[PDB]
Engineer: 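Just downloaded a structure that has licofelone in it.
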Amino acid sequence: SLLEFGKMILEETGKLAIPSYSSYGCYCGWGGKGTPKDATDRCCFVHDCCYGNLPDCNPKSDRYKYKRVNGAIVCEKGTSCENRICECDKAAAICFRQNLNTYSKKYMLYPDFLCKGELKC
Ligand SMILES: CC1(C)Cc2c(-c3ccccc3)c(-c3ccc(Cl)cc3)c(CC(=O)O)n2C1
């Protein structure tokens, strides 16, 4: 759920999910349209697609367990949905960390009309 995801992001990047990643670019936030603005926005695009492969699950509210094994994120065994949700989030946290160097404040609170184009999962 958003509770585990936010904790994961904070630990990984040092940034608070809200408002660092909740209204960033075209995909980090509600829905998404157009072409991702940068690497960080691409992370959210892929994350959005990852959740999209889980029709019957509820990523926003289903809680999973995870632990750190010397920095590494390890998803604990739970329900099938919980395991898959955790893997989606873990990937996003790592992706955000790998692209922290290009994170740009000009993409915070990005205007909707500037999101134009198409990109399929
Ligand atoms: C789909 C959203 C646009 C709606 C939403 C909430 C949200 C919260 C409450 C009620 C409605 C929506 C939170 C969110 C919430 C709380 C924390 Cl601690 C972190 C992130 C996040 C960031 C994320 O995890 O992707 N989002 C993205």
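Throughout, chain A uses the PDB entry numbering, with the displayed residues spanning 1-14, 16-56, 59, 61, 67-86, 88-122, 124-131, 133 in order. Atoms within a ligand are numbered from 1 in the order they appear, just like the ligands themselves. The analysis underlying the following values was restricted to heavy atoms, covering all of them including side chains, and did not include hydrogens, waters or symmetry mates.
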Engineer: Which macromolecule in this structure makes the most heavy-atom contacts with licofelone, going by the name the PDB entry uses?
Structural biologist: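 It sits in most contact with Phospholipase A2 VRV-PL-VIIIa.
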Engineer: Any chance you could list the binding-site residues for licofelone? Cut-off is 4.0 Å, heavy atoms.
Structural biologist: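 Heavy atoms under 4.0 Å: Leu2, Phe5, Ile19, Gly30, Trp31.
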Engineer: Just which atoms of licofelone are under 4.0 Å from any heavy atom in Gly30?
Structural biologist: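 Once the distances to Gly30 are compared, the set is 3 (C).
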Engineer: Taking 4.0 angstrom as the limit and counting only heavy atoms of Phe5, give me the atoms of licofelone inside it, by number and element.
Structural biologist: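 Listed by number with element, the hits are 24 (O).
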Engineer: Protein heavy-atom contact under 4.0 Å for atom 10 (C) of licofelone?
Structural biologist: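 Under the 4.0 Å cut-off, atom 10 (C) of licofelone has no protein heavy-atom neighbours at all.
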Engineer: Strictly inside 4.0 angstrom of atom 14 (C) of licofelone, do you find any protein heavy atom?
Structural biologist: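 Within 4.0 Å of atom 14 (C) of licofelone, protein heavy atoms are found.
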Engineer: Can you tell me which residue and heavy atom of the protein come closest to atom 12 (C) of licofelone, and the distance to 0.1 Å?
Structural biologist: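 The answer is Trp31 CZ3, 4.5 Å.
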Engineer: Identify which residue UniProt marks as active site in chain A lies closest to licofelone, and report the least heavy-atom distance rounded to 1 Å.
Structural biologist: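 By heavy-atom distance, the nearest UniProt active-site residue is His48, 6 Å.
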Engineer: Which residues, listed by UniProt as Ca(2+)-binding in chain A, lie less than 4.0 Å from licofelone by heavy-atom distance?
Structural biologist: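 In chain A, UniProt ones with a heavy atom near licofelone: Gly30.
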Engineer: Which taxon does the entry assign to chain A?
Structural biologist: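 The PDB lists Daboia russellii pulchella.
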Engineer: Quick test: of every protein heavy atom, which one is nearest to atom 17 (C) of licofelone, and how far off is it to 0.1 Å?
Structural biologist: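 The protein heavy atom lying closest is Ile19 CG1, 4.0 Å.
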